[PDB]
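Structure with ponatinib present.
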Amino acid sequence: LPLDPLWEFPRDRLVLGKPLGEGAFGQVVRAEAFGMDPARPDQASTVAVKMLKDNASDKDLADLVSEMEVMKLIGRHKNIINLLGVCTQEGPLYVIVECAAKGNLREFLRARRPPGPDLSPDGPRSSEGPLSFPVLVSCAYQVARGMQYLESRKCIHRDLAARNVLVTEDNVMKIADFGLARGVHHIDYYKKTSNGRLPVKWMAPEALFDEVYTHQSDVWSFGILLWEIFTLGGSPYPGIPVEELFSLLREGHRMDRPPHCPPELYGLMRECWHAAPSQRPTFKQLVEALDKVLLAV
Ligand SMILES: Cc1ccc(C(=O)Nc2ccc(CN3CCN(C)CC3)c(C(F)(F)F)c2)cc1C#Cc1cnc2cccnn12
């Protein structure tokens with residue numbers, strides 16, 4: 001690999017820490033970095049480091065290099081996980097990115113569900129959970145802003161889901177993945193992850209049936225992500241196995257309106273799931289629509 005002085009970071013300024021997850025596309029580890037800002041060479045910061053698994057092949061390495069190159073090109077935005085540096089010289093390939101201290105959006109919501117009626121009232125805020133409507137709307141708005149930026153850079157995500165949105169210490173939403181060379185020509189549609197996820201449930205129909213991905217396919221997934229947010233991390237198409245999902249999508253089945261969700265937001269969900277990709281909103285329109293809701297509250 002050639003040395004790119006713009007992005008290269010000395011590997012000896014990293015102290016690797018706890019693994020944050022392994023996947024098909026490598027492994028991600030928490031690390032401490034010293035002097036990420038060259039103006040403060042001894043300053044510590046917490047970053048995340050992507051690297052190859054133990055017995056990885058050439059395709060795996062090419063896949064990670066491909067990811068590195070895409071991230072260089074994408075540039076910086078508040079609502080995406082940003083590239084910080086790379087280690088390409090004299091040792092294993094490292095791709096260094098921002099660390100989002102609160103983990104992924106799905107787990108963030110599920111850990112913050114309101115207290116149930118089993119509660120015994122204790123103090124003046126027994127009924128008040130950590131999550132409020134305007135903050136949920138702000139989460140959706142931020143994801144839409146990041147997706148609008150990604151679309152402007154001609155980037156199609158292809159697995160937009162709450163699992164792939166990360167949450168910073170300041171509750172800022174950051175689109176990640178946790179994928180890139182997604183192998184769209186050999187998806188196991190029946191795949192269930194170790195946490196029980198069925199990723200086929202986020203795919204637009206034209207992607208699933210016709211293997212066509214566009215920015216409007218990501219808009220479909222965003223609708224699913226909106227449903228995730230307003231169910232506080234619920235699993236889509238509850239109780240529906242993959243075999244039945246296929247036939248229900250062919251009949252044009254859509255998820256019901258979830259409890260305690262205003263019609264404005266179920267309205268947006270159903271717009272995102274219009275059969276014709278051209279009749280779904282663009283991310284620009286979703287940003288504007290959610291902004292209006294945010295201002296009203
Ligand atoms: C180490 C690391 C390396 C890489 C990436 C990464 O997200 N790369 C990325 C690859 C592709 C794309 C877009 N493509 C999609 C596919 N597609 C078909 C083409 C274009 C994007 C996108 F954001 F632009 F979408 C990002 C994230 C991390 C992390 C981390 C981290 C920080 N805090 C925590 C806390 C808990 C867990 N993890 N974690």
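Starting from 1, each residue takes its place in the sequence as its number. Just so it is clear, the values below take in all heavy atoms, side chains as well, and ignore hydrogens, waters and symmetry mates. Counting starts at 1 for both ligands and their atoms, in listed order.
- Lab note - all copies counted, ponatinib located at ligand 1.
- Short version: main partner of ponatinib (ligand 1), named per UniProt, is Fibroblast growth factor receptor 4.
- Residue contacts with ponatinib (ligand 1), taken as heavy atom pairs separated by less than 4.0 Å, involve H157 via backbone and side-chain atoms alike.
- Put simply, no part of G21 is less than 4.0 Å from ponatinib (ligand 1), judged by heavy atoms.
- Contact annotation: for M71 versus ponatinib (ligand 1), heavy atoms closer than 4.0 Å belong to the side chain alone.
- Of the protein's non-hydrogen atoms, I175 O, 3.3 Å is the one closest to atom 23 (F) of ponatinib (ligand 1).
- For ponatinib (ligand 1), the closest UniProt active-site residue in chain A and the least heavy-atom distance to 1 Å are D159, 6 Å.
- Contacts between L180 and ponatinib (ligand 1) below 4.0 angstrom, taking non-hydrogen atoms only, involve backbone and side chain alike.
- Proximity of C155 to ponatinib (ligand 1), defined as any heavy-atom pair under 4.0 Å, is confined to the side chain (atoms from C-beta onward).
- The backbone of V49, and not its side chain, has at least one atom closer than 4.0 Å to an atom of ponatinib (ligand 1) (non-hydrogen atoms only; backbone = N, CA, C, O).
- Nearest to atom 36 (C) of ponatinib (ligand 1) among the protein's heavy atoms is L20 CD1, 3.9 Å.
- For ponatinib (ligand 1), the polar-atom distance check against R182 finds no nitrogen or oxygen pair separated by under 3.5 Å.
- Per the PDB record, the organism listed against chain A is Homo sapiens.
- An N or O contact shorter than 3.5 Å links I156 to ponatinib (ligand 1) by distance.
- Per UniProt, the domain of chain A home to most contacts with ponatinib (ligand 1) is Protein kinase.
- For atom 12 (C) of ponatinib (ligand 1), the candidate residues are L84, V47, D177, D218; the nearest heavy-atom contact is made by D177.
- Remark: ponatinib (ligand 1) and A100 share an N or O pair separated by less than 3.5 Å (distance only, no angle test).
- Heavy atoms within 4.0 Å of ponatinib (ligand 1) belong to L20, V28, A48, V49, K50, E67, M71, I81, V97, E98, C99, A100, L150, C155, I156, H157, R158, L166, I175, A176, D177, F178, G179, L180, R182.
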